[PDB]
Amino acid sequence: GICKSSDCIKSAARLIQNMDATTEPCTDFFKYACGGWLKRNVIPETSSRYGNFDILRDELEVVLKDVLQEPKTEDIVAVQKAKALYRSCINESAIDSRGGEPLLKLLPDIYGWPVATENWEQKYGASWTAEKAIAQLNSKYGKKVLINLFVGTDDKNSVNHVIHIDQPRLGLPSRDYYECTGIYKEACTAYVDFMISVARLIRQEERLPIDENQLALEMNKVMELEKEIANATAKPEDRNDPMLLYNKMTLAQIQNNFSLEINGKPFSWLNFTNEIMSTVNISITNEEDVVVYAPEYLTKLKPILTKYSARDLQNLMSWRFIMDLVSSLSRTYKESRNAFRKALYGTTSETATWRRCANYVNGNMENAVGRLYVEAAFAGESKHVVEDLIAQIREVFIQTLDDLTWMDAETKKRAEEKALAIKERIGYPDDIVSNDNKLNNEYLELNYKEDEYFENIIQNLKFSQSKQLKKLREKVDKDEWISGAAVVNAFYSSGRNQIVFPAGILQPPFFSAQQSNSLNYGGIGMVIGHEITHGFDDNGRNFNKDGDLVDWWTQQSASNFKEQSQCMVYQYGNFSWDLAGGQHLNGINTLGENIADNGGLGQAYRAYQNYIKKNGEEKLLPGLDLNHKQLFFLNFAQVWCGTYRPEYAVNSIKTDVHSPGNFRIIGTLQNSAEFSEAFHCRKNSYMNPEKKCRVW
Ligand SMILES: *[C@@H]1O[C@H](CO)[C@@H](O[C@@H]2O[C@H](CO)[C@@H](O)[C@H](O)[C@H]2NC(C)=O)[C@H](O)[C@H]1NC(C)=O
Ligand SMILES: C[C@H](C[C@@H](Cc1ccc(-c2ccccc2)cc1)NC(=O)CCC(=O)O)C(=O)O
Ligand SMILES: *[C@@H]1O[C@H](CO)[C@@H](O)[C@H](O)[C@H]1NC(C)=O
Ligand SMILES: *[C@@H]1O[C@H](CO)[C@@H](O)[C@H](O)[C@H]1NC(C)=O
Ligand SMILES: *[C@@H]1O[C@H](CO)[C@@H](O)[C@H](O)[C@H]1NC(C)=O
Ligand SMILES: [Zn+2]
C-alpha cells in the first residue's frame with residue numbers, strides 16, 4: 001500500500017531532504033520539518049531571506065525571463081510592449097551611457113534638489129508653494145511626501161471611490177529606525193551617507209563646486225526634519241482598528257481642523273486637492289468628502305513644518321523621489337545605494353538585472369505578463385480542483401461557527417452570511433488569454449522606446465497615477481482582479497469580500513493534482529483557510545458581506561473575540577527572535593496574520609479529516625515512515641523552511657504584518673491539539689503547551 005509513482009517519489013524526496021529526523025517533533029517541529037534544508041542551504045548574497053517559499057518566487061522569475069526575452073511573430077501588441085519594456089530594462093550598456101542625464105533633465109519638474117542646485121532660492125523659490133511641490137510629486141510621479149493624498153475605495157461604501165488623507169511612508173523601513181541608536185545606527189549612518197553620495201554625484205555631473213561640510217550639513221538637516229516627521233506618524237498598533245481610523249470629513253472641515261503654515265504661507269487643502277485632481281480634469285469644492293486616516297499626524301505636523309524653510313522641505317521631498325530612481329541610472333548611481341541596501345537588507349549585491357526587470361514588467365503589465373506566464377506554466381484544468389478545495393474549506397468554516405461558545409446566535413448567523421458571500425478568483429482572469437483586443441486596449445496609451453529605460457519608467461509612473469486618480473468619480477469595477485496571475489501569493493480583499501488564488505501559488509508544495517491530498521490540504525488548503533479567515537480577523541470582521549465597514553457584531557460577541565484574540569497577542573509577543581537581536585515579535589501588528597494562520601490550519605486539517613472519512617486513507621509515501629495526518633503537518637511546516645539575514649530580521653520584525661516563518665510554524669502548531677495527537681506530544685513539551693489560543 002505504498003504509492004510508487006514519479007510524482008510520489010518527488011514529493012517524498014523533497015520532504016525527506018528538508019527534514020531533520022534526529023530532532024524530536026514535539027521539542028521543535030520547525031527544526032524537525034526544516035533542519036535538513038537549514039543544514040544544506042546558505043542565503044544567497046542577493047537575498048535578504050531565503051527558503052522554500054522565496055525559491056518558488058525565484059523560479060517564477062525564471063519563467064518570466066523565458067517568456068519575455070525572446071520576440072515571437074504571434075505576439076499581440078500588449079505582449080510586444082511588455083517585451084520592449086523588458087529589453088529597455090536589461091540594456092545596461094545604454095543605461096550606463098546616459099549617466100545621470102535622465103535625472104538631471106527631470107530635476108526642474110519637481111522644483112529641483114536644492115543641495116545639488118546652485119542659487120536654488122532664485123531659480124524656484126518664486127514659484128514654490130508646498131501645495132504645488134507636494135502635489136507635483138504625487139500626481140505626476142506617485143511619490144507621496146509629507147501628506148499622502150490618494151484616491152481609493154470608500155471603506156463604508158465599497159462601490160465608490162473617495163479621496164483619503166494619510167501620513168506618508170518614510171525613507172527608512174519604519175519609524176523605529178529614526179531612533180538612530182543600537183541596531184538602527186548603521187542604517188541611519190548609511191541613509192545620510194547615501195543622500196550625500198547622490199548629492200555629490202549630481203553636483204559632479206552638473207560640474208558644480210563641492211563643499212563636503214556643506215553637503216554633510218544640508219543632508220543632516222534632511223535627516224533631522226525626517227526624524228520629526230517619523231516621530232509625528234502614528235505607530236501601526238494605533239492604526240489596527242479600521243473603525244477608529246475612518247474619519248470622513250469635507251475639505252471645508254479639514255481646512256478648519258487641520259490647518260498648516262508652511263514657509264509663512266497658510267496651507268490651502270482645496271488648492272492642494274485641485275493641484276492633484278486637475279491632472280485628470282476633475283475640479284474639487286469644499287463639499288468634497290475626504291477620508292482622513294491620520295488626523296493626529298496632521299495636528300503634530302503643524303508645529304514641525306513652521307520650523308523649516310522651502311529649501312529644507314524640498315531637500316527632503318526631492319531626496320525621497322531621487323532615492324527610488326538612482327537604481328534606474330548608470331552603474332555609478334547604482335553603487336551609491338550599496339551600504340544603504342546592506343544596512344536594510346544585508347545583501348552584498350543587487351539581484352540579477354533580468355530578475356529585477358522581469359519583476360518590474362510584471363508589476364506594470366500584470367495582465368500581459370500574466371497571460372505569458374499561464375500559457376507557459378499553468379495547467380488551467382487544475383482551476384476546478386482548487387474550486388472544490390475552496391468549497392470544502394468554506395463549508396468547514398461555516399460548520400465551525402456553531403461550535404463557537406463565545407459568539408451569540410445572531411453574530412453566528414451574520415458571520416455565516418459573510419462566509420457564504422465570499423467570491424473566489426482562481427488562477428487567472430480568462431479574458432487575458434481569450435480577449436487579445438481588450439488586453440491591447442488596456443495598454444493603448446503606453447509607448448516605450450527600447451533605448452530609453454528611464455523615460456519608460458517615468459511614463460509608467462504618470463500612467464499609474466493618472467489611472468488611479470480618474471477612478472474618483474467612477475464605480476469600483478466588480479470584475480477587476482486585485483492581483484496578476486504570475487504571483488506567488490494569495491489574497492483577501494475586505495472591500496470586495498473576495499479571496500484570490502493566482503496561478504503562481506497553485507503549484508508544489510502548495511498544490512498539485514498529482515501530489516497526495518494530505519500535502520494539498522496542508523499546503524493550499526491551509527492558504528485557502530488563511531484567506532477566508534482574513535474576512536473574520538481583527539480587521540476583516542469589521543467589514544460586511546458586501547465589503548462595507550459596518551459593525552455586524554453584538555457588544556458581547558466583539559468583547560469575547562478580543563479576549564480570545566488577546567491570547568495570540570501574548571503568545572506571539574513572547575517569541576524572541578535571535579536574528580533580530582533577541583527582540584520580541586510585535587503581537588499586536590502580527591495579530592491579523594496569526595489569527596488567519598491559526599484559523600486556516602484548523603479549517604484545512606478538518607477538511608482533510610472530512611476527505612479521509614469520504615474517500616478513505618491515501619497510499620503511503622515511500623522512504624517516509626509517517627502517516628498522512630503527519631505528512632499534512634510536515635508539508636504545512638516545510639512551506640517555511642528558510643532563514644533571514646540579521647539586517648533583514650531587524651527590518652521585517654517592524655515592517656512585516658506576518659510573523660517570521662519559524663514562528664508561524666511554532667505558534668500555530670502549539671495551539672493545535674490535533675498536531676499534538678498526530679505526533680504524540682507529551683503535555684507541556686515545547687510544541688504542546690497547556691494553554692492553547694483559539695479564535696476560529
Ligand atoms: C508574554 O506573556 C505574558 C503571559 O501571558 C503576558 O503577560 C500579561 O501582560 C499583561 C500586560 O502587561 C498583564 O496585564 C497580564 O496580567 C500578564 N499576564 C500574566 C499571566 O503575566 C505578556 O504581556 C506577554 N508579553 C508580550 C510582549 O506580549
Ligand atoms: C497577502 C498574503 C499572502 C500569504 C499567502 C500564504 C498564507 C499562509 C501561508 C502559510 C503556509 C504554511 C504555514 C503557515 C502559513 C503561506 C502563504 N503570504 C504570506 O503569508 C507570506 C508572503 C511573503 O512573505 O511575501 C496574506 O494574505 O497575508
Ligand atoms: C543596447 O542599446 C544600444 C544603444 O541603443 C544598442 O547599440 C545595443 O544593440 C543594445 N543592446 C541590445 C542587446 O539590445
Ligand atoms: C515626538 O512627538 C511627541 C508628540 O508630538 C513630542 O512631544 C515629542 O517631543 C517628540 N519627540 C521627539 C524625539 O521628537
Ligand atoms: C493653487 O494656488 C496657486 C497660488 O497659491 C495658484 O497659482 C494655482 O492656480 C492654484 N491651483 C488650483 C488648481 O487652484
Ligand atoms: Zn494573511
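Note that the numbering runs from 1 along the sequence shown for the chain. When a ligand or atom number is given, it counts from 1 through the structure's own listing order. All values below were derived from every heavy atom in this structure, side-chain atoms included, with hydrogens, water molecules and symmetry-related copies excluded.
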prednisone, sacubitrilat, pleconaril, zenarestat - which at ligand 2: sacubitrilat
Report, by its name in UniProt, the chain making the most contacts with sacubitrilat. Neprilysin
Just heavy atoms, cut-off under 4.0 Å: does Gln638 contact sacubitrilat by side chain, backbone, both, or neither? neither
Just distances here: any N/O of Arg57 and N/O of sacubitrilat closer than 3.5 Å? yes
Dominant UniProt domain of chain A around sacubitrilat: Peptidase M13
With backbone taken as N, CA, C and O and side chain as the heavy atoms from C-beta onward, which portion of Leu601 lies under 4.0 Å from sacubitrilat: side chain, backbone, both, or neither? neither
Mind checking whether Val657 contacts sacubitrilat via backbone (N, CA, C, O), side chain (CB onward), both or neither, at a 4.0 Å heavy-atom cut-off? neither
Organism in the entry for chain A: Homo sapiens
Taking both backbone and side-chain atoms of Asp597, is any N or O found less than 3.5 Å from an N or O belonging to sacubitrilat? no
Is sacubitrilat less than 4.0 angstrom away from at least one heavy atom of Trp640? yes
